Engineer: 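First the structure, then my questions, so here it is.
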Protein chains: 2
Amino acid sequence: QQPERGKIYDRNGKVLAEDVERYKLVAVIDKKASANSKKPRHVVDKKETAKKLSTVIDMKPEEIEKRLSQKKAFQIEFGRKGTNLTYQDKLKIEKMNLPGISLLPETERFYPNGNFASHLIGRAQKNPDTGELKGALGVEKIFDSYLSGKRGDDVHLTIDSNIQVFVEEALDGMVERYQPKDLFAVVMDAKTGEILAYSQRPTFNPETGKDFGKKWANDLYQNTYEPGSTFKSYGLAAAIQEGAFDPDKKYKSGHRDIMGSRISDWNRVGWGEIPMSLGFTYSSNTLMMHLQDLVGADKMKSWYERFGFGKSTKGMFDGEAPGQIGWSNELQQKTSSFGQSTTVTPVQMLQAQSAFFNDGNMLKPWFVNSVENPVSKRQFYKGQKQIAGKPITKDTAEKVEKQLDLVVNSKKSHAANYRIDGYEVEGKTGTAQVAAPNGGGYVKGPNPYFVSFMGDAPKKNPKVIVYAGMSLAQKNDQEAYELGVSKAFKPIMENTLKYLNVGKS
Amino acid sequence: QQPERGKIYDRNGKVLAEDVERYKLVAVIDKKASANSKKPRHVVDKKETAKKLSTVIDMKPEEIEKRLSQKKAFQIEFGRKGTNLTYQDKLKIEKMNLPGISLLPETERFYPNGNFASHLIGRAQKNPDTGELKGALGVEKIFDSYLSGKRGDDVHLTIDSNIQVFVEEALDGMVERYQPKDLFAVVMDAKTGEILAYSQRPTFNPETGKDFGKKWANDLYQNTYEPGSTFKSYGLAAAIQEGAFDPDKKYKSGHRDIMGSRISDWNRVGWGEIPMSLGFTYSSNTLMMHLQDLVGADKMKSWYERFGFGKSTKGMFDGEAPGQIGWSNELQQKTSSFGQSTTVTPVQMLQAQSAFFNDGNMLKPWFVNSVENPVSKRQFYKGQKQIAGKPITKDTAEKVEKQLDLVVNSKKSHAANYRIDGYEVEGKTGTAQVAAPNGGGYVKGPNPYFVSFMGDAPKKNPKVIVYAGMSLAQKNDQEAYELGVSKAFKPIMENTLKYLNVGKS
Ligand SMILES: *C(=O)[C@@H]([C@@H]1NC(C(=O)O)=C(S[C@@H]2CN[C@H](C(=O)Nc3cccc(C(=O)O)c3)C2)[C@@H]1C)[C@@H](C)O
Ligand SMILES: *C(=O)[C@@H]([C@@H]1NC(C(=O)O)=C(S[C@@H]2CN[C@H](C(=O)Nc3cccc(C(=O)O)c3)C2)[C@@H]1C)[C@@H](C)O
């Protein structure tokens, strides 16, 4: 028999995955089993056996009887409906005292919460010959050789199930309303980098296997996005340190001509000669292009690299994507300033944003708290807060934070739909075009956007960062353009802050 | 967006896997798409569009109309039935000139032979957002970083498609006839170790994904078996080399009393005082136990290790199982002499068996011929024949081969069902009990056996080794006990020798 596979735990000791015993229904149907026996050891009345067994398994009495009639066979099973039976299903069948009926014990992998952080936890699959389980995605795969066994090691995550529930419920709401092609939300402790909650859509159910394999990629570590205007914060931070951003100095908005192409602010005309601070509140593309000119393209590329972009964060997930900084020509450089051409992972965005709230120190995000064996007490691994680098000074960080405050809370804001009543919110919005997966160019349509928000609360001294992103709503794409991910960000952030005992304004 | 993923080829350059273009059906249903256009650019007649589209995709006209009626939606797709469409499917729909209907090109992973060496080749899965493909089993996974791109590298196998066809057809026959729980066949070049064909049952279809994930374990490299009497050849080889086996010296058959358990020959009574050669032809358990006593338990354990058992063969498959030599106490030792308690992988058996046909040198089995890039011409890897060790002398090998010949061809043989008309065959049979995966005994029942044959032909100087094994037939289990895997070995071996131009007599 196999050693017990280790358990996966959340940060408070709740089981996310474990081994349980279930039962498989077996019917001996050959008369030769009762040749030299006092009481029958096979099924005598196929019809009565079918009726009574039908009251415990999800199979019609006609089908049980048909399967019971198979010839040249000593015993039969009943397919998917006959296995994974509970301990109460077992007791019910055995009271029936049906001749030739028995239940075989089987080990299964149990996920108590069903569809729940599924793309992070993953799923283990069973080799029916030996009962051996092997992880095929996420934590179950990454740590397969520790979890596997006389008893395997346990893996404790930084996930908080109470916060995970808020994220799962918000994402179900987004799917219902917007039916987007892709969707993710992540909650990170703003001061440690711990991943407190993470989910995506579409996803699978590790308990049932439903939809497993339809999308291999974990959004947090393996999928890449052109982030859009959330990426302007790192352009802004660079501009501040170089002395190029002055919040009150005016600049020419409108458009710029780059290698013969017209790139303009989102309203085509701009706002004339406006202060640089208002440019960022308005999410002016020409501000960012102007700032790049002042800093210099060469210096700006290094800045984005110093913020950790273009390379893996070296987390503990398999196949972490590196992204890439689009810098080949001046058109790629200029569109990178507002988050197109350059591709990122959500975990890179969390790593970079954390600098604004830790005196300029980027925090390496992390989700594995411990790998340890509960019998021997050996601890193999313990997660830690770690500074991934310090690209900016304390003063630049605070000056970035002042413009993020204004993005949500200026009189001239266009992001008031992210406000939560009783909590002070800040962050940056994004409404990015999405590259055509085959045809080249960008995906066309009425509002073909990846909409996102990189937010934190309470502002200035936040408890958590919440990053949510929604790609290509197929339903209500007008409203997705207007409201972004506000219908996910608000319940996630509000419920998280209350559960973390932060006081309402 | 994505580089072309490299191809998997067979040994003669036939494609086993490649990237193809397929098509996705898209319907624009919003009237606003035809606001400034003379001819309609959206679906005007839902009922006629559905009826006509119902003729190219597998969807009933009511459902096409129901999807076309979705509200707050600009474009709609048709789920799995609307994608993976062929180039002819495209031409047929475009001839209809339906307003608002179009086809998008999509890259798919194409397996030209469908269900074919599936657990060796594996399957790549697509991330719908980016089109990025990732191997999830077998070669597609093991070599994912080479196959992935630019243009990815090709992987050439030693598989011969012509011989693989013989193996797929033979295993289809065994399933229909025997409905076993597990089944495998492998064909290896007797002089190089090249794996010329390999398959198992149950398995999946890499092209459609049907049944993928139901069994993760590759039988050749990852599954373990109590081999049974096929393992006696290595006990025999040790005894020959140690001077303990003399073919004409008689021994007492019947039973031996081992730690209070009576272990007897398969006919319970034995054959009296018979020569050791006849003992082996009969698959005598007491012969192997007597020989083990003569050699010594300590010396015999080392012998099985020099035959490569108990450790991985260090092949190129992921997670190769090591097996284990069952040696805790004398009852484990003595049952190991006839292939119970000890567990092995089929690849270890091919490796050990090859010693008898290469002057005592074990050949390390291998299935990867080349990893190379067709653009740059860089070769990253080239497979080759490799000696895993020389545990026996040339003389011992010859004396083993003489007994394997007799097993099939003695007048007193019980393996005459493995004879092929016109070809001289040799090998060893096995009829082994199977450990219950849960609980602590053997699978009970009328014939609860893993039956197998380790055969080679022509005898003395074989071209290929054919190892087939069938675990726990649920249909015709009496016949499986009597005939073993003969109904698989014979068409596989006969068709292969003919394809290799070996002369029939
Ligand atoms: C960055 O992603 C992108 C530019 N930034 C943003 C952003 O979301 O911050 C946009 S979206 C643009 C600026 N905000 C405007 C807005 O919310 N207007 C609005 C509100 C409600 C209704 C309507 C309507 O009636 O359509 C409009 C719109 C901007 C594209 C970079 C890459 O350009
Ligand atoms: C090894 O696996 C096992 C012993 N070896 C083998 C073997 O397959 O070589 C067996 S099977 C045993 C010997 N061959 C006998 C047989 O085929 N008898 C037979 C043939 C046709 C009809 C009948 C019938 O009328 O029932 C019987 C059976 C043997 C168990 C070790 C582990 O013991």
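Chain labels are A, B, C, ... in exactly the order the sequence lines appear. Note that chain A carries the PDB entry numbering, so the residues on display, from first to last, are 61-209, 235-590. Quick note: numbers on chain B are straight from the PDB entry, i.e. 61-209, 235-590, in order. Indexing begins at 1, ligand by ligand and atom by atom, following the structure's order. Any value given below was found using the heavy atoms of this structure, including those in side chains, with hydrogens, waters and symmetry copies removed.
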Engineer: Quick one: do you know the drug at ligand 1?
Structural biologist: ertapenem (bound form)
Engineer: Can you help me out? I need the name, per the PDB entry, of the chain with the largest number of contacts to ertapenem (bound form, ligand 1).
Structural biologist: Penicillin-binding protein 1
Engineer: By chain letter, what other chains have any heavy atom closer than 4.0 Å to ertapenem (bound form, ligand 1)?
Structural biologist: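 The other chains with a heavy atom that near are A.
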Engineer: Looking only at protein heavy atoms, which one is nearest to atom 8 (O) of ertapenem (bound form, ligand 1), and what is the separation?
Structural biologist: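 The closest one turns out to be A:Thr516 OG1, 3.0 Å.
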Engineer: Need the ertapenem (bound form, ligand 1) atom indices (1-based, order shown) with element for anything under 4.0 Å from a heavy-atom of A:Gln563.
Structural biologist: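 By the 4.0 Å cutoff, the relevant atoms are 26 (O).
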Engineer: Check ertapenem (bound form, ligand 1) against A:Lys513 and write out every atom of the ligand that is under 4.0 Å from a heavy-atom position of the residue.
Structural biologist: 9 (O)
Engineer: May I ask you to check whether A:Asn370 has an N/O atom sitting below 3.5 Å from an N/O atom of ertapenem (bound form, ligand 1)?
Structural biologist: yes
Engineer: Within the structure, does A:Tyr367 bring an N/O atom to less than 3.5 angstrom of an N/O atom in ertapenem (bound form, ligand 1)?
Structural biologist: no
Engineer: Just to confirm my output: which protein heavy-atom neighbour is closest to atom 27 (C) of ertapenem (bound form, ligand 1), and how far is it?
Structural biologist: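 The answer is A:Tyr566 CE2, 3.9 Å.
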Engineer: Do me a favour and list the nearest non-hydrogen protein atom to atom 29 (C) of ertapenem (bound form, ligand 1) with residue, atom name and distance?
Structural biologist: A:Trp351 CB, 3.8 Å
Engineer: Using a 4.0 Å cut-off to any heavy atom of A:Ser314, which atoms of ertapenem (bound form, ligand 1) qualify?
Structural biologist: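 Reading through ertapenem (bound form, ligand 1) atom by atom, the close ones are 1 (C), 2 (O), 3 (C), 4 (C), 5 (N), 6 (C), 31 (C), 32 (C).
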Engineer: Below 3.5 Å, N or O to N or O, backbone or side chain included: is there any such pair between A:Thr514 and ertapenem (bound form, ligand 1)?
Structural biologist: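 So ertapenem (bound form, ligand 1) has an N or O lying under 3.5 Å from an N or O of A:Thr514.
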Engineer: The entry lists a source organism for chain A; which one?
Structural biologist: Staphylococcaceae bacterium
Engineer: Find all atoms of ertapenem (bound form, ligand 1) within a distance of less than 4.0 Å from any non-hydrogen atom belonging to A:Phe423, and give their numbers and elements.
Structural biologist: 32 (C)
Engineer: Short list, please: which atoms of ertapenem (bound form, ligand 1) are under 4.0 Å from a heavy atom of A:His499?
Structural biologist: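 In order of numbering, the contacting atoms are 7 (C), 9 (O), 13 (C), 14 (N).
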Engineer: Quick test: of every protein heavy atom, which one is nearest to atom 21 (C) of ertapenem (bound form, ligand 1), and how far off is it to 0.1 Å?
Structural biologist: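 Protein heavy atom with the smallest distance to atom 21 (C) of ertapenem (bound form, ligand 1): A:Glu567 CG, 3.8 Å.
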Engineer: What does the entry give as the covalent anchor residue and atom for ertapenem (bound form, ligand 1)?
Structural biologist: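 The answer: covalent bond to A:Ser314 OG.
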Engineer: Which residues in other chains are near ertapenem (bound form, ligand 1), meaning a non-hydrogen atom under 4.0 Å away?
Structural biologist: A:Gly313, A:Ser314, A:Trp351, A:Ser368, A:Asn370, A:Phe423, A:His499, A:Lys513, A:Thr514, A:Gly515, A:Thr516, A:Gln563, A:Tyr566, A:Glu567
